[PDB]
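Structure containing chloroquine.
Each sequence line gets a chain letter, starting at A and going down the list. The numbers used for chain A are those of the PDB entry, and the residues that appear cover 1-230, in sequence. Residues displayed in chain B correspond, in order, to the PDB entry positions 1-230. In each ligand, atom 1 is the first atom listed, and ligand 1 is the first ligand listed. All values below were derived from every heavy atom in this structure, side-chain atoms included, with hydrogens, water molecules and symmetry-related copies excluded.
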Protein chains: 2
Amino acid sequence: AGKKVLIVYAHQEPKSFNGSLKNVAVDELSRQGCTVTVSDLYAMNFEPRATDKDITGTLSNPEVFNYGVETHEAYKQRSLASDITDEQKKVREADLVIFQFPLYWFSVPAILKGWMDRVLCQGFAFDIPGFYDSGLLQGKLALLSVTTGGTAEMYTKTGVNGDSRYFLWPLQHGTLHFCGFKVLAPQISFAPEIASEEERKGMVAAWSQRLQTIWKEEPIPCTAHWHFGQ
Amino acid sequence: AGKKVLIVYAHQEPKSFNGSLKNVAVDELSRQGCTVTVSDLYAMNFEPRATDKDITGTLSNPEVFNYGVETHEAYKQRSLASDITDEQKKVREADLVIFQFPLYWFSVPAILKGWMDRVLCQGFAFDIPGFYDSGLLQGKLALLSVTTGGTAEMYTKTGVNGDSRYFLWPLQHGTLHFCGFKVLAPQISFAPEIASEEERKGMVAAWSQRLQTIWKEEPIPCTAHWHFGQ
Ligand SMILES: Cc1cc2nc3c(=O)[nH]c(=O)nc-3n(C[C@H](O)[C@H](O)[C@H](O)COP(=O)(O)OP(=O)(O)OC[C@H]3O[C@@H](n4cnc5c(N)ncnc54)[C@H](O)[C@@H]3O)c2cc1C
Ligand SMILES: Cc1cc2nc3c(=O)[nH]c(=O)nc-3n(C[C@H](O)[C@H](O)[C@H](O)COP(=O)(O)OP(=O)(O)OC[C@H]3O[C@@H](n4cnc5c(N)ncnc54)[C@H](O)[C@@H]3O)c2cc1C
Ligand SMILES: CCN(CC)CCC[C@@H](C)Nc1ccnc2cc(Cl)ccc12
Ligand SMILES: CCN(CC)CCC[C@@H](C)Nc1ccnc2cc(Cl)ccc12
Ligand SMILES: [Zn+2]
Ligand SMILES: [Zn+2]
């Protein structure tokens, strides 16, 4: 049958390299017949802050507010904020979640960090216990499509940045695997600003071409060994 | 002399375990005679999103928005938003920057990620050249004071989360070292919600006591080996 894809997109500028990577993914996945949804976080003015406004109603323990405890309960009570609830429906129904973003400080831009913090709540994405291979989003795939300022060479073990896989750990393992996702190999488009027009068009085409057979891919083993070696 | 400290604090609840760690830091560093400032990001409703509103000057290219370029240029003309500008003054003058936060998704809460993204702009925190040991915040000390849900056992090589050092890499190396900070050993207070009240009190006391002698500690070698090696 057909597949559902959610692209969580975090760039301010539609004409950016990120925007182009997002658009070619929509084009290609749409052409295949997939159901495609894009959460364009900056266009949505998506709220990144984890606050008590994320629960509508009386808190369990208002005297000492604990975001995790209160959102866990709100999830069960169906009292989370609308924005969170709407994202959760998209994730729940998705077969594949693609994150499209520029690397900010070896991680996701804060608006996307806020999506992770607020949407992937206890009771929805994981339980304690009920994580990693017992996470609640088991059966789903995730894929990081990241662009960098630094070159591939800088992101090697002997480059000033260390290997690119090193910075993936909190995202792939600590977040996605934790919630039970299987993780498809990352798409890292290095240093588009430095690249020539030809190399840039090539990186966009490579992503589109990869997407043609994305459903045939197997996920990585999201292990310490995969990320760090030895 | 040389004992200005900025605490960048990211917890919603003054009565929280994080709040207590922040407060004992203020108490002890104030007692020493340090100059102490706290940026209480949630109380400030701090903006986490990197947007064009961060520039108060005329955009150089309003047709195609490039956050990096526009903020770099605006920094040099004192044309960044006042919230950023005010944080930059605090960092510029600080001799030590402590980050106090609960671990969210193997990283900082989004509101604190947004402080990093928006405050540490090119021209202020780094330049090219002017990064890693040559970063523009060279000579300053930084320290991560992190609290977790996961237990100490979980954050070992034999545990499900891997060594805690693994998740520090984007923060300590990719952010702090990149901007020229020397990085003091992290303070990780594991699993306060699982600890008894007395055990929590012990963790708070340990931090207060560590701070008595913080100014003469040796920084870590902020290398891949420290983070991922034996
Ligand atoms: C706050 C912050 C923190 C950062 N931290 C890091 C970090 O830790 N590590 C790191 O490596 N980098 C870092 N960077 C840099 C950042 O990752 C890059 O600037 C970003 O990845 C560039 O992607 P972009 O989409 O903005 O590029 P763009 O500047 O939009 O793209 C580059 C060029 O590609 C062109 N283009 C767009 N579409 C196409 C197309 N279809 N075909 C051909 N050309 C096209 C554009 O017009 C442009 O000329 C940071 C940046 C910021 C702002
Ligand atoms: C969105 C999200 C993502 C998360 N991701 C992760 C993750 O990736 N990895 C991970 O390990 N954890 C994760 N967690 C868990 C999170 O790190 C913990 O919930 C957090 O660190 C707990 O710290 P706290 O200050 O909020 O605790 P609190 O709940 O505030 O503290 C516990 C108790 O300490 C009491 N207390 C306060 N002061 C004192 C004192 N002086 N002496 C004794 N007791 C005191 C409080 O009253 C409270 O009852 C995540 C949580 C959320 C919400
Ligand atoms: C000389 C090149 N300059 C000067 C303006 C163009 C700006 C390019 C910017 C986006 N590159 C970067 C911006 C911010 N952080 C980074 C971190 C790493 Cl590791 C590598 C490159 C980065
Ligand atoms: C009131 C219910 N209490 C039990 C004490 C829940 C406390 C458990 C919470 C903090 N644990 C966690 C919450 C959220 N994420 C996590 C990620 C990892 Cl890796 C490990 C533990 C996590
Ligand atoms: Zn994993
Ligand atoms: Zn380092």
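- Chloroquine, all copies counted: located at ligands 3 and 4.
- For chloroquine (ligand 3), the chief contact partner in this model is given in UniProt as Ribosyldihydronicotinamide dehydrogenase [quinone].
- Using a 4.0 Å cut-off on heavy atoms, the other chains next to chloroquine (ligand 3) are A, B.
- Across the listed options A:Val160, A:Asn161, A:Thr151, A:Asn161 owns the non-hydrogen atom lying nearest to atom 19 (Cl) of chloroquine (ligand 3).
- Among all non-hydrogen protein atoms, the one lying nearest atom 10 (C) of chloroquine (ligand 3) is A:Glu193 OE2, 3.6 Å.
- Proximity of B:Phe126 to chloroquine (ligand 3) is established by a heavy-atom distance of less than 4.0 Å.
- Per the entry, the species of origin for chain B is Homo sapiens.
- A:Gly150 N, 3.5 Å is the protein heavy atom nearest to atom 20 (C) of chloroquine (ligand 3).
- Protein heavy atom nearest atom 4 (C) of chloroquine (ligand 3), with residue, atom name and distance: B:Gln122 OE1, 3.4 Å.
- Looking from atom 22 (C) of chloroquine (ligand 3) to the surrounding protein, the closest heavy atom is A:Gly149 CA, 4.3 Å.
- Of all protein heavy atoms, the one lying nearest to atom 9 (C) of chloroquine (ligand 3) is B:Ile128 CD1, 4.3 Å.
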